[PDB]
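Next up: a structure with dinaciclib.
Residue numbers start at 1 and run along the sequence shown. We count ligands from 1, going down the list as the structure has it; atoms in each ligand are counted the same way.
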Amino acid sequence: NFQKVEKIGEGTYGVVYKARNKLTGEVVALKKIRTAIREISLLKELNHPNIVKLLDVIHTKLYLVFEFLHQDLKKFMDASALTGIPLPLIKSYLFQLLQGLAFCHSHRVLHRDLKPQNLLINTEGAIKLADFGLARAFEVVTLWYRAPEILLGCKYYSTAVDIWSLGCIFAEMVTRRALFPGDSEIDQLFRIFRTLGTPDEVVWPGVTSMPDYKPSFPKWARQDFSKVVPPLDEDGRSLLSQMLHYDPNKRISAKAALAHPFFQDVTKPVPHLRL
Ligand SMILES: CCc1cnn2c(NCc3ccc[n+](O)c3)cc(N3CCCC[C@H]3CCO)nc12
Ligand SMILES: O=C(O)c1cc([N+](=O)[O-])ccc1NCCc1c[nH]c2ccccc12
């Protein structure tokens with residue numbers, strides 16, 4: 001084979017290896033997965049600083065060669081759990097991720113499975129989206145970041161599902177605890193309901209006609225964001241509240257989120273990375 005190879009983890013659609021090109025010496029990441037071959041390959045020339053670069057596509061069964069990043073945000077959050085990630089770095093990372101989402105959404109590409117392990121960081125302060133759910137689009141599953149319209153059975157969900165996931169990640173960076181740590185689809189939905197209130201037609205028109213909506217759902221009252229992400233200042237809570245709107249049509253877009261006052265003082269700090 002063309003590479004020398006070491007496992008780094010499991011994406012949603014296949015296993016990921018750190019590897020060195022035998023002839024070139026390039027250090028890269030290889031994802032092994034298992035027409036569509038087409039639109040994936042366009043993504044080689046659609047590049048953004050906050051999206052992981054796809055280097056090559058190879059089919060026998062399907063290999064994807066990516067640039068290599070040195071840490072993922074789950075490991076970085078775990079490493080930072082005793083002290084917390086500094087607010088300026090949280091804010092820089094959120095801003096960068098919204099830039100990546102604005103870009104891919106503007107090209108009508110959804111991610112669909114944002115989670116801390118899929119967000120990759122380097123020593124220079126960048127963070128990049130990875131592990132796009134693009135294989136269906138063209139070992140226990142984590143539901144903690146799933147938008148409620150997905151859980152309620154919406155077939156044709158939108159770019160808003162990514163804003164929801166990013167909102168959950170934002171909250172988790174701030175509080176150092178997962179916002180909605182469910183272990184089943186209904187447990188995930190009811191954890192969301194218990195925190196944000198059971199949605200109704202007032203806050204989410206059409207929710208009661210969603211495929212998996214049940215009139216027998218318990219009706220929980222909404223608690224206040226002061227309780228949900230206490231340390232976060234009012235600008236951060238306002239932005240988070242707009243990222244976690246039940247109605248996908250009221251939920252803030254990535255482009256709109258970038259203009260939120262929370263980012264008026266955004267900067268690009270350097271993380272303390274132990275590699
Ligand atoms: C795009 C392919 C890729 C490139 N770098 N990289 C990294 N680098 C960080 C890193 C390096 C060395 C050891 N560790 O533990 C982390 C991790 C990672 N992933 C996290 C773990 C689950 C699989 C996979 C998901 C997201 O692609 N995927 C990638
Ligand atoms: O990230 C993955 O694992 C992944 C998986 C599959 N797949 O499984 O078919 C396909 C593509 C993937 N990444 C592409 C990253 C990418 C480069 N330029 C872009 C421009 C817009 C949106 C995204 C990108």
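In this structure, every copy of dinaciclib sits at ligand 1. In this structure the chain with most contacts to dinaciclib (ligand 1) is the one UniProt names Cyclin-dependent kinase 2. Here the heavy atom of the protein found nearest to atom 9 (C) of dinaciclib (ligand 1) is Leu69 O, 3.1 Å.
The shortest N or O to N or O distance between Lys31 and dinaciclib (ligand 1) is below 3.5 Å.
Contact annotation: for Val16 versus dinaciclib (ligand 1), heavy atoms closer than 4.0 Å belong to the side chain alone.
The nearest of the UniProt-listed active-site residues in chain A relative to dinaciclib (ligand 1), at the least heavy-atom distance to 1 Å, is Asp113, 8 Å. Taking 4.0 Å as the cut-off, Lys74 does not count as a neighbour of dinaciclib (ligand 1) on heavy-atom distance. By heavy-atom distance, the residue among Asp113, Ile8, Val27, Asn118 lying nearest atom 21 (C) of dinaciclib (ligand 1) is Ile8.
Measured by heavy atoms, dinaciclib (ligand 1) lies under 4.0 Å from these UniProt ATP-binding residues of chain A: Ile8, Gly9, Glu10, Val16, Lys31, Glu67, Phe68, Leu69, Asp72, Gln117, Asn118, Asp131.
Contacts between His70 and dinaciclib (ligand 1) below 4.0 angstrom, taking non-hydrogen atoms only, involve the backbone exclusively. By the 4.0 Å heavy-atom criterion, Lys18 is excluded from the residues contacting dinaciclib (ligand 1). Regarding atom 17 (C) of dinaciclib (ligand 1), its nearest protein heavy-atom neighbour is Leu120 CD2, 3.7 Å.
Close contacts of dinaciclib (ligand 1) with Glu10, meaning ligand atoms under 4.0 Å from a residue heavy atom, involve 22 (C), 23 (C). The organism that the PDB names for chain A is Homo sapiens. In chain A, UniProt Mg(2+)-binding residues less than 4.0 Å from dinaciclib (ligand 1) by heavy-atom distance: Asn118, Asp131.
The dominant UniProt domain at the interface of chain A with dinaciclib (ligand 1) is Protein kinase. Of the protein's heavy atoms, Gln117 O, 3.5 Å lies nearest to atom 20 (C) of dinaciclib (ligand 1).
Binding site of dinaciclib (ligand 1), heavy atoms within 4.0 Å: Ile8, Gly9, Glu10, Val16, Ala29, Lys31, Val52, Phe66, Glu67, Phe68, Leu69, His70, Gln71, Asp72, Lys75, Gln117, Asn118, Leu120, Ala130, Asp131.
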